[PDB]
Amino acid sequence: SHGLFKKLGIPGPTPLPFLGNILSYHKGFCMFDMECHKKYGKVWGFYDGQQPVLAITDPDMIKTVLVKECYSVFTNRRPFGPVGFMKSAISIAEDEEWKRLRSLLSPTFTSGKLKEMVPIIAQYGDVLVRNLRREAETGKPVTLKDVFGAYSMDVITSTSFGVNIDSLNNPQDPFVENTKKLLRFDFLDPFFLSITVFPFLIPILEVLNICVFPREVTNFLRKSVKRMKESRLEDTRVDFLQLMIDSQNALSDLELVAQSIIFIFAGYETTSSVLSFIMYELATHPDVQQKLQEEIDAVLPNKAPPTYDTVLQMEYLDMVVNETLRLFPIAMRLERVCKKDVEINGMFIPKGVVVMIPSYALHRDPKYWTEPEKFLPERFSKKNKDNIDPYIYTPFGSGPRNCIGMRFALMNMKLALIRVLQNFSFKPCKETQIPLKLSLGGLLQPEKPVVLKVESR
Ligand SMILES: CC(C)c1nc(CN(C)C(=O)N[C@H](C(=O)N[C@@H](Cc2ccccc2)C[C@H](O)[C@H](Cc2ccccc2)NC(=O)OCc2cncs2)C(C)C)cs1
Ligand code: HEM
């Protein structure tokens, strides 16, 4: 296996027996991707254990695997460990299975359904400002992840299940406590390092009922979803939950739970993380924060409530969101398994190979971005906008397998940002880590929580 890239004429770091190039992930795989792009150029290959991983950076080639040949050859993501029943979760499912889950869940975020959620989200936006104002009162340092996380949990559960768990008023909320423990992918943990280097273990762990997701956490989610499912079949809004309930009358019970777990995690974890990164960038760039507040005041004079339409009018807010996602992409890498031998744009790719798009590296690539390490919202303005390649910058992925919650995530975060900024200003304090350093974990997260001071306007 370790002689594949050598044989095909593809550059790459020399692999070690059994480990492949996995030890290079000691200072984060993003740095590894950066160094490989600089050292080897437009394409290179490395090995995760025995698994060949081909990294591509050419726009047209990226478009070919993410869009053109999605259903035909690059249909699924890389298997990543024992998943138990979560094998049915849409993001983990493959081929035809994934195809039906996709069409089934697709109606969830139509433009019409998104608009209906605005007032629902607003209730939580109001509680968010209230909680933050308390922090502004005491003047104590604020851990963004907690407050923004509770807001995110409340929003995803209400809009998806029509149930208000009121996380914004219950700090030890079991939903957040459990969800934040759902997946702690860490290469320093022997379990995750082992299954990544030796995939043959996966089948064995599945028999043993050993899962990457803690049994205690999934049990909790399973019970929680059942409860909410009941409250709906017993009471006298077509939402995520309804869509799945309707299918049952070919979706099985655990299967419905599997999708629910994906939505809860994405709505809570992924959303609150990006909000934290955005507020960090705003606190360390007062001119950007000041300028953003002015746009909001101009569009919504005297703290007027935001609306679906006015959210879309805010050009700078959108430039700020996009720029933060460029520097801190939750998708540090995008991947597709090559499920059959094929050539694309002049390059041959053997079956079984994992094709990887080093997003984090491409976003900081000194060919497409001047001053790549700088937070400059202007690069996304109408003027410079069209000069950004649609396949170099894909924070939500692209093609048939892209983020199904993209429009909801952008709308929800923007609603939060608006309410918060039309009431407060965030400033860095003593507990604020600057520069901000990312953890080496599998998911996009800073090493120490982002802490900031909130001041009332
Ligand atoms: C060595 C290798 C295995 C590793 N790769 C990475 C980066 N890459 C490329 C990944 O595909 N990492 C994977 C991942 O994020 N997979 C994903 C889609 C994706 C791809 C790239 C960037 C962001 C989202 C999806 C995985 O099926 C998971 C599994 C899961 C279920 C419940 C709670 C947490 C996780 N599904 C979700 O996390 O959906 C949540 C979300 C929805 N939108 C953004 S995240 C895994 C490790 C789970 C980190 S470690
Ligand atoms: C700012 C927040 C978010 C970001 C940055 C984001 C980003 C991504 C990315 C990069 C992928 C991988 C796509 C690919 O491989 O091409 C993904 C997949 C997915 N996301 Fe998100 N996401 C976010 C929020 C959400 C939310 C809130 C939901 C749902 C409510 C959601 C549901 C999904 C699903 C189900 C998938 C898998 C799609 C499939 O396999 O068909 N995401 N997301």
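Residue indices begin at 1 and follow the sequence shown. In each ligand, atom 1 is the first atom listed, and ligand 1 is the first ligand listed.
In this structure, the drug modeled at ligand 1 is ritonavir.
Here, the chain sharing the greatest number of close atom pairs with ritonavir (ligand 1) is referred to in UniProt as Cytochrome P450 3A4. Considering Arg401, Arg336, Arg77 only, the shortest heavy-atom separation from atom 19 (C) of ritonavir (ligand 1) involves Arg77. In this comparison of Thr179, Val83, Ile262, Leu183, the heavy atom closest to atom 39 (O) of ritonavir (ligand 1) sits on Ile262.
If you check each of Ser273, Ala266, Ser91, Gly267 against atom 25 (C) of ritonavir (ligand 1), the one with the closest non-hydrogen atom is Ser91. The parts of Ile330 lying near ritonavir (ligand 1) are both backbone and side chain, judged by heavy-atom distances below 4.0 Å. Only the side chain of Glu335 comes within 4.0 Å of ritonavir (ligand 1), counting heavy atoms alone; its backbone N, CA, C and O stay farther away. The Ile92 neighbourhood of ritonavir (ligand 1) comprises atoms 27 (O), with distances under 4.0 Å to a heavy atom of that residue. Source organism of chain A in the entry: Homo sapiens.
Among the heme-binding residues UniProt records for chain A, the set within 4.0 Å of ritonavir (ligand 1) by heavy-atom distance is empty. Only the side chain of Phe187 comes within contact range of ritonavir (ligand 1), with a heavy atom under 4.0 Å; no backbone atom does. Among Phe396, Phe265, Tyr268, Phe213, the residue whose heavy atom lies nearest to atom 30 (C) of ritonavir (ligand 1) is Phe213. At the top of the distance list for atom 8 (N) of ritonavir (ligand 1), counting protein heavy atoms only, stands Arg333 O, 4.2 Å. Applying a heavy-atom cut-off of 4.0 Å to ritonavir (ligand 1) picks out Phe29, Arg77, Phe80, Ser91, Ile92, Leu182, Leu183, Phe185, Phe187, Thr196, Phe213, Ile262, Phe265, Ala266, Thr270, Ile330, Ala331, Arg333, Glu335, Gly442.
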